[PDB]
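Nacubactam (bound form) complexed to Beta-lactamase, as determined in this entry.
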Amino acid sequence: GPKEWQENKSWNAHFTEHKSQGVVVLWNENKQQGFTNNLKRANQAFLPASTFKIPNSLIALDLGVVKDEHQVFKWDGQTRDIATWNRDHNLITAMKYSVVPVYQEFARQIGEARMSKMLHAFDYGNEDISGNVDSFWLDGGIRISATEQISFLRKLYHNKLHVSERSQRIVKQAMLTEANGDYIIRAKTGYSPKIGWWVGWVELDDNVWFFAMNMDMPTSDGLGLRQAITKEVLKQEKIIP
Amino acid sequence: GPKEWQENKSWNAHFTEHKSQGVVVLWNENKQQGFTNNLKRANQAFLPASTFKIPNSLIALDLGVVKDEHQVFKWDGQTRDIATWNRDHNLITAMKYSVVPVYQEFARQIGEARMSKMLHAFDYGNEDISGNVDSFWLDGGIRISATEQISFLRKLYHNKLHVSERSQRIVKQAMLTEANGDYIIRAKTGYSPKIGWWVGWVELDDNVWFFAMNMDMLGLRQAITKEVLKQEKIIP
Ligand SMILES: *C(=O)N1C[C@H](NOS(=O)(=O)O)CC[C@H]1C(=O)NOCCN
Ligand SMILES: *C(=O)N1C[C@H](NOS(=O)(=O)O)CC[C@H]1C(=O)NOCCN
Ligand SMILES: [Cl-]
Ligand SMILES: [Cl-]
Ligand SMILES: [Cl-]
């Protein structure tokens, strides 16, 4: 009989076309079956980098560190490399522009004790916050695989995480990336030395496709490949036109 | 002092180009200033038609007639003219395809007493539900102007309507029409005999522009509105 995770190695052509390697993991919610080009890499755990903004947002909201998605967090005045960071942000734009210093302040206000407790409740990756509370997802001990990202995202989609429904709805709003008459994408990118991420889902009229992809990234060039390669897989599988 | 409301008649060119006439009303949330090509028409009251799906959704959710955005409303098996209506729906797709029979069923379950009480609490238009409980927004006594649509939508945006915050968040999710790196549009279209509507808002990084347009009478509703938004440098 059929397997929970089916391997489709033909997607490697989309990584090969761009002289890269990685994994795309898809989960068809209606069919309760998953698909990936590399079963092994689907289960390899990596630093989450900026994809950690999803659980960080949930915890910050549930504890009231963030009151709502409209609350303004003033620029601390320090000019950083990414120009979109040097301005005031709310939760919506802090996600969209992946504004690390805003999220570092969230993490410091959450604190290590509550951060560890929440990640355990979320069953998130290896749950290891060793390092600094404001950088463990960038250079500390936490590791999460693409399949673990799917499991976490499915809980979020269904409001099943151990935080309020409100917190989950707000974060899903903040994840909005693209919407048209054909589909809605809610997702979060990430990048740390040598690995780029894109995780999220595609909402259709009568199904949801969760996705988690990571790929080798020798430099910061080709960050757009994260979405481009994923979309090539989504197009091949007739999920988007 | 400055004017809360300014008239810009140059937008009439966008209507005239299509041999039509109408009004676009814009509200700059940050500045607390509004703009329209026709001050009089901006404040004249019309049947809301399918733009009434916004308050109808809020009421159905708040009262528990609709449990959440996943609850399925089964097709009743009657083949109707709009093909996308001839299938099962949830709140998201019922809004998206403007599925009338689903919303007539909501209205019957809400009932006249609860519908009237909710519209009064919402300050919604003339608050008058006279007519059929399941069609008064298309052929009954209720009327609302474009500026009144904006006042209602601003309350919804800020979670200030009397219904639960949850209901307001769910409906705002169901209003999602378009999103990209430049803007998010949450809106609802409508058409009554001789009037087309598009009402909603454009979310930018650090401002929100509310809009309500109506025009004498379908893709022109969005196209004309977008020409105004482009002229005002709101969208690219
Ligand atoms: C997280 O992955 N970040 C923050 C930002 N995200 O951009 S995205 O890859 O387009 O999501 C830039 C990349 C990455 C970092 O490099 N963060 O570490 C820098 C800490 N200031
Ligand atoms: C509401 O305005 N409706 C339902 C449907 N909405 O489509 S939209 O204008 O694209 O949002 C079609 C038009 C309108 C009607 O109910 N029209 O049918 C009138 C016959 N009772
Ligand atoms: Cl981050
Ligand atoms: Cl309707
Ligand atoms: Cl949304």
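Numbers restart at 1 for each chain; the letters A, B, ... are given by sequence-line order, proteins then strands. Numbering of ligands and ligand atoms starts at 1, following listing order.
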Help me out: which ligand numbers or chain letters belong to nacubactam (bound form)? ligands 1 and 2
Judged by heavy atoms, which other chains are less than 4.0 Å from nacubactam (bound form, ligand 1)? A
What residues sit within 4.0 Å of nacubactam (bound form, ligand 1), counting only heavy atoms? A/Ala49, A/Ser50, A/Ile82, A/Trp85, A/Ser98, A/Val100, A/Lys188, A/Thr189, A/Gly190, A/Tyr191, A/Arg226
Could you tell me whether A/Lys53 and nacubactam (bound form, ligand 1) have an N or O pair separated by under 3.5 Å? no
Would you mind listing which atoms of nacubactam (bound form, ligand 1) come within a distance below 4.0 Å of any non-hydrogen atom of A/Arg226? 8 (S), 9 (O), 10 (O)
In this entry, what organism is named for chain A? Serratia marcescens
I was wondering, what residue and atom holds nacubactam (bound form, ligand 1) by a covalent bond in this structure, if anything? A/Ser50 OG
Identity and separation of the nearest protein heavy atom to atom 4 (C) of nacubactam (bound form, ligand 1): A/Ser50 OG, 2.7 Å
Short list, please: which atoms of nacubactam (bound form, ligand 1) are under 4.0 Å from a heavy atom of A/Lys188? 11 (O)
Has nacubactam (bound form, ligand 1) got any nitrogen or oxygen that is less than 3.5 angstrom from a nitrogen or oxygen of A/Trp85? no
Which atoms of nacubactam (bound form, ligand 1) sit under 4.0 Å from any heavy atom of A/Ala49? 2 (O)
Would you list any other ligands or ions less than 4.0 Å from nacubactam (bound form, ligand 1) for me? none
Every pair of nitrogen or oxygen atoms between nacubactam (bound form, ligand 1) and the protein that is under 3.5 angstrom apart - can you list them with their distances to 0.1 Å?
{"residue": "nacubactam (bound form, ligand 1)", "atom": "2 (O)", "partner": "A/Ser50", "partner atom": "N", "Å": "2.8"}
{"residue": "nacubactam (bound form, ligand 1)", "atom": "2 (O)", "partner": "A/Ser50", "partner atom": "OG", "Å": "2.1"}
{"residue": "nacubactam (bound form, ligand 1)", "atom": "2 (O)", "partner": "A/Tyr191", "partner atom": "N", "Å": "2.9"}
{"residue": "nacubactam (bound form, ligand 1)", "atom": "2 (O)", "partner": "A/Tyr191", "partner atom": "O", "Å": "3.2"}
{"residue": "nacubactam (bound form, ligand 1)", "atom": "3 (N)", "partner": "A/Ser50", "partner atom": "OG", "Å": "2.3"}
{"residue": "nacubactam (bound form, ligand 1)", "atom": "6 (N)", "partner": "A/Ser50", "partner atom": "OG", "Å": "3.2"}
{"residue": "nacubactam (bound form, ligand 1)", "atom": "6 (N)", "partner": "A/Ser98", "partner atom": "OG", "Å": "3.0"}
{"residue": "nacubactam (bound form, ligand 1)", "atom": "9 (O)", "partner": "A/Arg226", "partner atom": "NH1", "Å": "2.6"}
{"residue": "nacubactam (bound form, ligand 1)", "atom": "9 (O)", "partner": "A/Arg226", "partner atom": "NH2", "Å": "3.4"}
{"residue": "nacubactam (bound form, ligand 1)", "atom": "10 (O)", "partner": "A/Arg226", "partner atom": "NH2", "Å": "3.0"}
{"residue": "nacubactam (bound form, ligand 1)", "atom": "11 (O)", "partner": "A/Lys188", "partner atom": "NZ", "Å": "3.2"}
{"residue": "nacubactam (bound form, ligand 1)", "atom": "11 (O)", "partner": "A/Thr189", "partner atom": "O", "Å": "3.3"}
{"residue": "nacubactam (bound form, ligand 1)", "atom": "11 (O)", "partner": "A/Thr189", "partner atom": "OG1", "Å": "2.7"}

